[PDB]
**Q** 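3C-like proteinase nsp5, bound to GC376 (bound form) - let me ask you about this one.
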Protein chains: 2
Amino acid sequence: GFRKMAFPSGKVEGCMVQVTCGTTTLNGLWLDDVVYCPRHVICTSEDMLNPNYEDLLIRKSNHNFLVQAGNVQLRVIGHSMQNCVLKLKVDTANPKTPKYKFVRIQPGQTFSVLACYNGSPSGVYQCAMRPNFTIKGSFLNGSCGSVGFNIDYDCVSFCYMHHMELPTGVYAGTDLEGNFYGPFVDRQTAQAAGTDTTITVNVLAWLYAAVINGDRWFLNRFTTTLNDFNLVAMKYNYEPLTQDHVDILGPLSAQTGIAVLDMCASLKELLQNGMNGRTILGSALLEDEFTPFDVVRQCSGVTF
Amino acid sequence: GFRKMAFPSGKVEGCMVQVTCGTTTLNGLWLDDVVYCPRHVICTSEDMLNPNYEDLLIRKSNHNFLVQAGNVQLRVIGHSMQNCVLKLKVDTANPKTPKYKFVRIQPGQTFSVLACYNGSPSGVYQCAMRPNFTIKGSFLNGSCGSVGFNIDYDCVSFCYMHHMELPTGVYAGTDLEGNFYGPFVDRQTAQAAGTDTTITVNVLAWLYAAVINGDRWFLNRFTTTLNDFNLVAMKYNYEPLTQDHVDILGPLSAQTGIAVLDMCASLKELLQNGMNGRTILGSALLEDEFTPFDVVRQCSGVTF
Ligand SMILES: *[C@H](O)[C@H](C[C@@H]1CCNC1=O)NC(=O)[C@H](CC(C)C)NC(=O)OCc1ccccc1
Ligand SMILES: *[C@H](O)[C@H](C[C@@H]1CCNC1=O)NC(=O)[C@H](CC(C)C)NC(=O)OCc1ccccc1
């Protein structure tokens, strides 16, 4: 058995609140005595085409932000804009605040999203920050301010806050300092995400997951070199593989006794030949949203 | 965006405990003053080939069950066996007990699993009770007593407790009354799960999810009849479709303006022609682990 698993969401559930400004409602994250939320909460539908956020925020006072935790109204005593997020100082520290960090995650790393509407949890799933700084998710109107996170032991590392959907049907957002991942801006205009490259190291990790779990039909008799493999990767829009990537796979390699470059040769033939109707760990395509760490975590039953 | 989403797990996280009997540790579920767990906690490795549970349990007393909630030892004041589960009465009611129900779920319905090790949450994912009463998951040694559930508003409906892995790499377990789903027994012997039939109504639901989300390439110019479609379903190991199934799809049908039998004709041609390298909602195969309700829930942003 190998599945895309999210972290347990309980620690984050207790941080979610509703933030309303005028007619716009979205989600906020309540840690200590601060509530973080997307700055476009201050916009009307008109404003969103071309908002001057500095001018818009100036017509706002503390009492114009309604912050609701369950059915309880929090008192806003302070507000400021940091990049693309609002920080609303409230008079009560969240008693459920977990140990936490803000972290700007690297492309190809994974996290869990707790999708929320009106300050209330809807569901949880695992995502990756793709090379082109988008994420594949499920967000609707009202989902903004939903957060992405990792849990190491007791510490929640928040890495993502949701802001927008792109014409591709993928999504974009910020770290918890309000800085977008990628080239995106919080305005309702047409915005290009670049080519969606595949996270090579993660595809390899997942092929190691398959072998560990008994799926081995794709193992072939060849090896390759980094330079030869990467020529193939470039054609298929794969990220180039580096010795750092090889090193990172070293644990899975040793465990399976399959050299990383042998697995590269297997991947190469999968890319060049397709899967011939066959599946790997129940998938008909090559999955790139498991990191090496994810694979070791899952295969060793790490708990938080 | 359309994703396999689990329920938020916080309410269930607070119910998980560790149960140890001799050398065997697994997970238990602590509701009110009762802890539920798999009865094979009483077995040694030898016993598991052919255990006489009634005789084994007789050599056990309350003090032989160690129950740990975090780092706190619960006091066992009572024990009994109900079907394939143990109920250990403890002297303290769980203060975190949510509103809850025990429900025996039907084949083709979905639920979330909170995978646990040593009483501690590892991860959460969405499953279906398959027609052959197995589930596709990720469980390792130590995972037994992990539970599956649904949440309706504030009420947690527990439907599954994990007990075993089958030679197929799928899994089997019980409802919370200790009755297995399917023909399985809690003994370490070779056990057949039958043919893994596909949940037709759910494949159809997911094709409606695709159309709602803009993926419409597979819509063709044909319709069919129930009897004609079901002849095709039988060849592909699909469950027969019934008017109850048609009725259940009626909301998605009306929303999309695609008659259920028109969608059946599209599915038929997908089954007979394959997908020609194309994907639907990012999948290269037909997914059957979303119910109609799941699709409406997700497409309408239902919260708990
Ligand atoms: C915030 O709740 C919202 C979430 C979007 C809306 C639909 N799916 C999502 O993820 N974000 C916005 O409305 C955003 C506001 C701008 C000022 C950044 N605009 C946006 O995402 O436009 C795309 C869109 C697509 C479909 C419906 C509505 C908006
Ligand atoms: C309970 O924690 C354990 C979980 C199994 C073990 C491996 N993956 C799982 O889901 N269940 C058992 O150990 C079960 C005990 C019998 C008395 C029912 N036996 C079992 O599942 O045998 C299959 C197996 C496969 C691989 C390793 C160990 C056992």
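Proteins come first, then strands; the chains are lettered A, B, ... in the order of their sequence lines, and each starts at number 1. What's counted below: heavy atoms across the whole structure, side chains too, no hydrogens, waters or symmetry copies. Order of appearance sets the numbers: ligands from 1, and atoms from 1 within every ligand.
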**Q** Counting heavy atoms under 4.0 Å, which other chains neighbour GC376 (bound form, ligand 1)?
**A**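 The heavy-atom check gives A.
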**Q** Which residues and nucleotides from other chains come within 4.0 Å of GC376 (bound form, ligand 1), counting heavy atoms only?
**A**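 With heavy atoms under 4.0 Å, it is A:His40, A:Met48, A:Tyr53, A:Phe139, A:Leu140, A:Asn141, A:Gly142, A:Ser143, A:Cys144, A:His162, A:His163, A:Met164, A:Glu165, A:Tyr171, A:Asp186, A:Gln188.
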**Q** Do you see a protein non-hydrogen atom under 4.0 Å from atom 6 (C) of GC376 (bound form, ligand 1)?
**A**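 Protein heavy atom within 4.0 Å of atom 6 (C) of GC376 (bound form, ligand 1): present.
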**Q** Suppose we measure from atom 16 (C) of GC376 (bound form, ligand 1) to each protein heavy atom; which comes out shortest, and what is that distance?
**A**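 The answer is A:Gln188 OE1, 4.2 Å.
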**Q** Give me the nearest non-hydrogen protein atom to atom 1 (C) of GC376 (bound form, ligand 1) as residue plus atom name, then the distance to 0.1 Å.
**A**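 Minimum-distance protein heavy atom for atom 1 (C) of GC376 (bound form, ligand 1) reads A:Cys144 SG, 1.8 Å.
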**Q** Residues of chain A touching GC376 (bound form, ligand 1): which UniProt domain claims most of them?
**A**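 According to UniProt, it is Peptidase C30.
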**Q** Using a 3.5 Å cut-off on N or O atoms only, is A:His163 in polar contact with GC376 (bound form, ligand 1)?
**A**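 Yes, since at least one N or O of A:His163 sits under 3.5 Å from an N or O of GC376 (bound form, ligand 1).
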**Q** State the UniProt active-site residue of chain A that lies closest to GC376 (bound form, ligand 1), plus the least heavy-atom distance in whole Å.
**A**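 The nearest UniProt active-site residue, by heavy atoms, is A:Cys144, 2 Å.
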**Q** Covalent bond partner of GC376 (bound form, ligand 1): which residue and atom, or none?
**A**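 As deposited, the covalent bond from GC376 (bound form, ligand 1) reaches A:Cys144 SG.
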**Q** Check the entry and name the source organism of chain A.
**A**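 The deposit lists Severe acute respiratory syndrome coronavirus 2.
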